[PDB]
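Structural view - dusquetide in its complex with Sequestosome-1.
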Amino acid sequence: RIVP
Amino acid sequence: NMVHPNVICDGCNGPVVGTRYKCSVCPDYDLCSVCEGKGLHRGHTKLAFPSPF
Amino acid sequence: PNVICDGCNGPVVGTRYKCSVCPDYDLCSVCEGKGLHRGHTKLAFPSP
Ligand SMILES: [Zn+2]
Ligand SMILES: [Zn+2]
Ligand SMILES: [Zn+2]
Ligand SMILES: [Zn+2]
């Protein structure tokens, strides 16, 4: 997943 | 091996260092090479990105 | 369907790692683990  | 920035593994919750196994089907699912090697999420086609750039 | 690993020339069972650049190139999960052909992005395909 992306943790932006 | 490089860190893929802002990417967390959905198998082990660690960082993704070296090759990033990004699912092509799911919107937002990724495996580090250890979780890929253990056979997590093998029902879906993925892109294997050896480095971020 | 006759898929042979271009790393070790063994069989490709479970996940097939097809190079996205080099036309007719594939790796087993072991050769992928070992980090052969690591310059190229691959498509990972589930085996039947
Ligand atoms: Zn992991
Ligand atoms: Zn998926
Ligand atoms: Zn290639
Ligand atoms: Zn092989």
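Per chain, numbering begins at 1; letters A, B, ... match sequence-line order.
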State which chains or ligands correspond to dusquetide. chain A
Chains under 4.5 Å from dusquetide (heavy-atom): B
Original post:
Which residues and nucleotides from other chains come within 4.5 Å of dusquetide, counting heavy atoms only?
Top reply: B:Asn6, B:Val7, B:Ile8, B:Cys9, B:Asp10, B:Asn13, B:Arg20, B:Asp28, B:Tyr29, B:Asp30
Which residues of dusquetide sit under 4.5 Å from chain B, measured between non-hydrogen atoms?
A:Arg1, A:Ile2, A:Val3
Deposit source organism, chain B: Homo sapiens
Q. UniProt Zn(2+)-binding residues in chain B with a heavy atom under 4.5 Å from dusquetide?
A. B:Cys9
